[PDB]
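Opening notes on lenacapavir bound to Gag.
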Amino acid sequence: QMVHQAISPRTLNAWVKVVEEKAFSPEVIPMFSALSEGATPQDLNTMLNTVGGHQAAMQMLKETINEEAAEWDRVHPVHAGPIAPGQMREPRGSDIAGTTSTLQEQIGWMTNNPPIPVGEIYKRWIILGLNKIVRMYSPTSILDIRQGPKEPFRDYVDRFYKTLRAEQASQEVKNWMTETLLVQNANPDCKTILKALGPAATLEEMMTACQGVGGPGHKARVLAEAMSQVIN
Amino acid sequence: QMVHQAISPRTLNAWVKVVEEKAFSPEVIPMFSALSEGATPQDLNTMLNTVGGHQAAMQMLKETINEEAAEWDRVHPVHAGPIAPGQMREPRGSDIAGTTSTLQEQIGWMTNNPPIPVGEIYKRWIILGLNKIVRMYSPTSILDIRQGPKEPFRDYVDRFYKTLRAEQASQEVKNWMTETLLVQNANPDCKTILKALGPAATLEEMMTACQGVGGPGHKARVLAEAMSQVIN
Amino acid sequence: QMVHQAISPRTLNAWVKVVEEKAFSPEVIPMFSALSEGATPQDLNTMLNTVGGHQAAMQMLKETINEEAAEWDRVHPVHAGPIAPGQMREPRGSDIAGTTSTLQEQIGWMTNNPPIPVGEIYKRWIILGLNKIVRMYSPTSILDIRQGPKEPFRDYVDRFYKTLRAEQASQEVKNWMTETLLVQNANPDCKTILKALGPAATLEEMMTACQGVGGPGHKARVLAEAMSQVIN
Amino acid sequence: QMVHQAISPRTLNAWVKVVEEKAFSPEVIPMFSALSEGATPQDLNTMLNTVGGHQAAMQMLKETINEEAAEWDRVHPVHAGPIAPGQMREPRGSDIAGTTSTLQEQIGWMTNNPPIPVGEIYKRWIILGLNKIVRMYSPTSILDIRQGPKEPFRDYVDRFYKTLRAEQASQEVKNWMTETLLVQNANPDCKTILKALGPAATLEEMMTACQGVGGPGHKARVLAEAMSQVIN
Amino acid sequence: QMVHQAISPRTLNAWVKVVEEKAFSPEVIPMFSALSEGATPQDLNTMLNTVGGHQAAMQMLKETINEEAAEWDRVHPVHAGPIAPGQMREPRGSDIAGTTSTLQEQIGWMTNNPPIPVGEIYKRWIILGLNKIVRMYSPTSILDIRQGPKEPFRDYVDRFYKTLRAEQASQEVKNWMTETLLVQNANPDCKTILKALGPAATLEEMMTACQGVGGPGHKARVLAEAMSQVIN
Ligand SMILES: CC(C)(C#Cc1ccc(-c2ccc(Cl)c3c(NS(C)(=O)=O)nn(CC(F)(F)F)c23)c([C@H](Cc2cc(F)cc(F)c2)NC(=O)Cn2nc(C(F)(F)F)c3c2C(F)(F)[C@@H]2C[C@H]32)n1)S(C)(=O)=O
Ligand SMILES: CC(C)(C#Cc1ccc(-c2ccc(Cl)c3c(NS(C)(=O)=O)nn(CC(F)(F)F)c23)c([C@H](Cc2cc(F)cc(F)c2)NC(=O)Cn2nc(C(F)(F)F)c3c2C(F)(F)[C@@H]2C[C@H]32)n1)S(C)(=O)=O
Ligand SMILES: CC(C)(C#Cc1ccc(-c2ccc(Cl)c3c(NS(C)(=O)=O)nn(CC(F)(F)F)c23)c([C@H](Cc2cc(F)cc(F)c2)NC(=O)Cn2nc(C(F)(F)F)c3c2C(F)(F)[C@@H]2C[C@H]32)n1)S(C)(=O)=O
Ligand SMILES: CC(C)(C#Cc1ccc(-c2ccc(Cl)c3c(NS(C)(=O)=O)nn(CC(F)(F)F)c23)c([C@H](Cc2cc(F)cc(F)c2)NC(=O)Cn2nc(C(F)(F)F)c3c2C(F)(F)[C@@H]2C[C@H]32)n1)S(C)(=O)=O
Ligand SMILES: CC(C)(C#Cc1ccc(-c2ccc(Cl)c3c(NS(C)(=O)=O)nn(CC(F)(F)F)c23)c([C@H](Cc2cc(F)cc(F)c2)NC(=O)Cn2nc(C(F)(F)F)c3c2C(F)(F)[C@@H]2C[C@H]32)n1)S(C)(=O)=O
Ligand SMILES: C=C(C)[C@@H]1CC[C@]2(C(=O)O)CC[C@]3(C)[C@H](CC[C@@H]4[C@@]5(C)CC[C@H](OC(=O)CC(C)(C)C(=O)O)C(C)(C)[C@@H]5CC[C@]43C)[C@@H]12
Ligand SMILES: O=P(O)(O)O[C@H]1[C@H](OP(=O)(O)O)[C@H](OP(=O)(O)O)[C@H](OP(=O)(O)O)[C@@H](OP(=O)(O)O)[C@H]1OP(=O)(O)O
Ligand SMILES: O=P(O)(O)O[C@H]1[C@H](OP(=O)(O)O)[C@H](OP(=O)(O)O)[C@H](OP(=O)(O)O)[C@@H](OP(=O)(O)O)[C@H]1OP(=O)(O)O
């Protein structure tokens, strides 16, 4: 037969925009519940594959799906023997998840009498994964990258640029983030030097200027400055 | 038969990441060319539907595809007469674009003898559209929203928030953009008042303070201050 | 039969020069796409084996190819039974990647009716790997090796020479890099000592001169110098 | 038969615009590869013939194509002579490039069973040529035409006007280039005289004024001025 | 039959790494002799085609191979008459070089009774070529580009950038090379001006500042300054 509730182009685009705009806020759960209703496991897998970024969250979702597939296998004992020509094989957990089943098999299960709604079962598994992501997963934010009090400026710059590469933004916005947040979120010891350097300093100049922060000479210099302020 | 070069989960995710990270920089043309080789028009349509945002760009792409389909229809004249039972209908432009053709028909055209590579024809049409986008389309940027010299502060705030809603960023990043760019990119007449308000000013207080800029009272007051400087 | 699109000597040399000149900049993706079109998986493997250096990137590419081969195996079920004498075995994921297939088998698949373009499928897998490399892989640079603020000079020298051995350069250029960058990219505490040492100092004398930096005596001496400057 | 992927008017116009806008930046390689897919060698030659200017680059491309045709002829031995009435002659290197083959022969090769993708082979040869151009060819720029320290002003003017005639620009832009760059890019010895002449000076007047630069009289005069400054 | 000593992926990669790391130092001769032993002329040609850069060296090697092939043809007289059906044609010099012989013919010669080791003969020819390269070929070096005493700065800059384009380095290393060596290896007359310009000067500003060096004005000015020092 045919699946009447196969996802339309606008449904897929709406799901993509939901993920891009809201990330994994709780709002994602109702949206996925409504956009994916009636769809085959193949359509749900398409929707899950359209998620860009958030690799850790997607791995969490995959783990949850695998656990639910194991639970399905536990509850449904394997039947051994020759299947009737009219009948078809009973779904397994991987069949529900669509890893070991074709679209035709999923449609056959969904449109059979009695019907096995593999799409809805898989949808509930995905919802469990999404709930776990919403509770547990925290996406990386370039706004959260601050230099530690004893962190070398080079390591902080490396973390900043890694997070910026993972950041969802336009290249112009990422350039503006580099120009604004990197110096601002440095620790006070490095920030003093960076401000003394001037606004026109390049990254190499900034990195050389802070290369000694925490070394013997810089420690002695700041200690002597504080002691001189005290004596005066 | 079956299509061996149907897009895999990783192929679709790579396309999604390419669009999210590069927007419509020229790099999008090779990637789409390489990620979509040998795919059916249905897979191409899926890839196009996973593009979030850039609605004007997608409208441009659709116009280009429609014009290419019209060109195909002009080149291939429709032949009147019943098709042979072992033969299938010759594709029209809409058939290549995937609008009026099913996946089975596309596979039949691609795997026939002689083959009609509808996927590759549609790929070239999409590449023409993408080239037009890369040449002529410029995405909206929150960094580009600046108050006009005579523009009311309300209108500028409205434009800023519309562009922010359209911006591809996390909610925390969007909040930071609101806290940073809105006052910064205001015109000097509003910006002096906004600075006089102080950092703690809310949006409504900021908008009330600038409500009279350009009115008779504000014009008279600034002229009076300037002539106070002059006749000092 | 024969493969009409086997890579020519100039095609292979062009690929080698692309890798040597641009490393894994995005330009590598279109170039590989155009140089390898119509080639057997054996030719693509020949092209991949000519990449000198970038071992981590090539391991990434191999992981991507293995994932795509697993996806192929998942989508193509194994058929058990006696193959027809006029027929050949259906390609598996390793067969497309060329690990478990011979050049004759690849040519037979590519030139059969219906054809299985194993070269094109493998090319898309390699393109996915190259896209991952372009996005995620960053080659080591001798210019990026700087001494940490608390790093011993000997450890920094070891890191510098390891990176220099990995660097793509002529031996004369590498000697010039040793003569220019090693002292330049040392931290301020070691740089002071190295500059006081003189331009004729050897590597052993430089390591001896900086051997005590961060030790108790050096710390006391720099502290005393700072305090003396403060008292005076 | 007929070629389904024959270049459309928009495809050819896009190729022309790509060449006009980007000259031979790396971007030309993907665009060509995308615009020329599935086309006959005749369409490829039409695409190549629309390149205006860059004659040296076109010559390099022709040399690369001839080299690839020679390689093809080396790999494919010439048949004995008994051509089957139902079969057609096997293509040579010149047939792949379309110099000695007609459109009908190219279509026959492309649509035959087994197929010989003469268009794609030729496209690979053209891509090799374009890669050579991108790597090696540098277009002449009016911005780079500067007078040598001992170059006569007449010779520099002649070089400037030759380059300007070769430059891609409108006549008004060329006139503005003449009014701006010619005096600006002269050597200091001629530039001083040109500045002393005044903005209204014509080309003939400037050329007459600089006719003596480097001669014994001008050298003696400039030396005398320098010595007079020294004595005073 | 089959060639048991066909080059493995690691053999080819080792040869590529040898050429990239050692260029044509004498170490290349043993390495090539060891990696290539027992291989067909086709494998030898692959290894030679994987050499990027050093085009003059490769031309020398090709000339040496052609002369050795001529020597082989002189020593082995061509015999007129039909070859025996069980026998194969006797190799010519081009057959040993692999230009006019297919892989099947090479394998047939190497595995015949008595055997003709065309691979070993070709290897000795290549060794002669590599020896000629090691003795007579010196690769271009960016470190060797120095401005002549009265070379115009523009010509020296052109030479520097051509050599830099030919240089085997990463783009970052080439940028650093431009930042360091170009001013450093200018002649003293231009170098004084370049230092007077300052570190922030662009290439166009440097070319304008040195455009007059060697012209009448600059010669008179420097002579006048020297005479000022003398008559001081
Ligand atoms: C052809 C088509 C119709 C299809 C299909 C199709 C079929 C099956 C599956 C699949 C479903 C369920 C399980 Cl439980 C496993 C499994 N279990 S296992 C042995 O432990 O790994 N494997 N698969 C791969 C299988 F089946 F192919 F083997 C699956 C997918 C998933 C959909 C999915 C994506 C996701 F993110 C998280 C999920 F929970 C499920 N997509 C992938 O898995 C590929 N992926 N994975 C991960 C990650 F690791 F981060 F989670 C990532 C991807 C990514 F999308 F690239 C993206 C960056 C993130 N799609 S179409 C048009 O969409 O291409
Ligand atoms: C079921 C499935 C396999 C399928 C399919 C499927 C089938 C056909 C088409 C389609 C293709 C070509 C043309 Cl030429 C037309 C057409 N020509 S017409 C009379 O002028 O409108 N109509 N269609 C709708 C048709 F065919 F249904 F009639 C099409 C699509 C397109 C793919 C596409 C997306 C795109 F962005 C630009 C394109 F050029 C083509 N997607 C849509 O069209 C929906 N869309 N449109 C637009 C816009 F208008 F902005 F461009 C937008 C969307 C959006 F994705 F929401 C996104 C915000 C942007 N997908 S699946 C798993 O992928 O869901
Ligand atoms: C004879 C010939 C025609 C052939 C062939 C030939 C045949 C197969 C393969 C191969 C292809 C695909 C997979 Cl998926 C695996 C696999 N999968 S596995 C079980 O997990 O390891 N193994 N192979 C080895 C196999 F098949 F032989 F078993 C492969 C290769 C690869 C080509 C390749 C190179 C590459 F860099 C990255 C790739 F993704 C694929 N070359 C190698 O792999 C050897 N290599 N590997 C790595 C690394 F580890 F860094 F990635 C490195 C090399 C290196 F080249 F030395 C270089 C330093 C880097 N070539 S010829 C003229 O070319 O000599
Ligand atoms: C009927 C029709 C459909 C056709 C065809 C048609 C057929 C063949 C060829 C051709 C193709 C390949 C080779 Cl390898 C040779 C060859 N090899 S050879 C013995 O060394 O000269 N000769 N030809 C002439 C041949 F075959 F006709 F004899 C060719 C062309 C080329 C296409 C081409 C253009 C190009 F720029 C660079 C190329 F590599 C290939 N166009 C020309 O060559 C004319 N050209 N050449 C050069 C230059 F020298 F600068 F590169 C220039 C032109 C120019 F366009 F004027 C432009 C200023 C530059 N077109 S159409 C479109 O006319 O209506
Ligand atoms: C298909 C395959 C199995 C094969 C083969 C294959 C077959 C033959 C040959 C060949 C061998 C010997 C001679 Cl004596 C001649 C010849 N004699 S002649 C009439 O005077 O020119 N011609 N050939 C071309 C022939 F045979 F096609 F006619 C050859 C090559 C050579 C191998 C080679 C490379 C080399 F550097 C120096 C050599 F001495 C020999 N590679 C080329 O020639 C292409 N090349 N040439 C030169 C240069 F000119 F600089 F030396 C350059 C290249 C380059 F690689 F691009 C690189 C920049 C340098 N490869 S595979 C997988 O490897 O692609
Ligand atoms: C009589 C005078 C008024 C004064 C009073 C005394 C005097 C003084 O102290 O001023 C002693 C120094 C001299 C003699 C001047 C006169 C001028 C000359 C002269 C400027 C002459 C032109 C010559 O130039 C050339 O030959 C051109 C050149 C490029 C070198 C070439 O052709 O190769 C040079 C060599 C540059 C000299 C330098 C010596 C002095 C200053 C004298
Ligand atoms: O007590 P110490 O044995 O002398 O330890 C010191 C000291 O650590 P203490 O807090 O225990 O005193 C310093 O201070 P902390 O950072 O750990 O708070 C620390 O680092 P800093 O000097 O940068 O502050 C480092 O001192 P050093 O920089 O010399 O490594 C360390 O080791 P030392 O014994 O070598 O001084
Ligand atoms: O000074 P240059 O820029 O190099 O050019 C030359 C050159 O001088 P050099 O010795 O430095 O090369 C000539 O040679 P000399 O006599 O000084 O040895 C000299 O005179 P001659 O040409 O007669 O030999 C004179 O050349 P000119 O007669 O043109 O003045 C001079 O100046 P120019 O740069 O103007 O040629």
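In the text below, chain A, chain B and the rest are named by the order of the sequence lines, each starting its count at 1. Only a selected region of the deposited structure appears here, and contacts were counted within that region alone. Each ligand, and each atom within it, is numbered from 1 in the order the structure gives. Just so you know, these numbers use all the heavy atoms, side chains as well, and skip hydrogens, waters and symmetry mates.
- In the structure shown, the parts corresponding to lenacapavir are ligands 1, 2, 3, 4 and 5.
- Every other chain with a heavy atom under 4.0 Å from lenacapavir (ligand 1) is listed here: A, B, C.
- Across the listed options B/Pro9, B/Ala39, B/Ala14, A/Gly129, B/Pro9 owns the non-hydrogen atom lying nearest to atom 4 (C) of lenacapavir (ligand 1).
- On a distance-only criterion, A/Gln42 and lenacapavir (ligand 1) share no N/O pair closer than 3.5 Å.
- Distances shorter than 4.0 angstrom do not occur between any heavy atom of C/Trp72 and any atom of lenacapavir (ligand 1).
- Evaluated by nearest non-hydrogen atom to atom 59 (C) of lenacapavir (ligand 1), the leading choice among C/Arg74, B/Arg10, B/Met47 is B/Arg10.
- Checked against a 3.5 angstrom limit, the closest N/O atoms of A/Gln59 and lenacapavir (ligand 1) fall outside it.
- The source organism field of the entry for chain A says Human immunodeficiency virus type 1 group M subtype B (isolate HXB2).
- The protein non-hydrogen atom at the shortest distance from atom 1 (C) of lenacapavir (ligand 1) is B/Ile7 O, 3.8 Å.
- Per-atom contact check: atom 19 (C) of lenacapavir (ligand 1) does not touch the protein, criterion being a heavy-atom distance below 4.0 Å.
- The protein atom (non-hydrogen) at minimum distance from atom 44 (C) of lenacapavir (ligand 1) is A/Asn49 OD1, 3.7 Å.
- Considering backbone and side-chain N/O atoms, A/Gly98 never comes within less than 3.5 Å of an N/O atom of lenacapavir (ligand 1).
- Here no covalent bond ties lenacapavir (ligand 1) to a chain.
- Under 4.0 angstrom from lenacapavir (ligand 1), the non-hydrogen atoms of B/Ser8 all belong to its backbone.
- Lenacapavir (ligand 1) has no atom lying under 4.0 Å from any heavy atom of B/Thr46.
- Residue A/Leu48 touches lenacapavir (ligand 1) through backbone and side chain together, judged by heavy-atom distances below 4.0 Å.
- Polar contact with lenacapavir (ligand 1): absent for B/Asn13 (N/O pair, distance under 3.5 Å).
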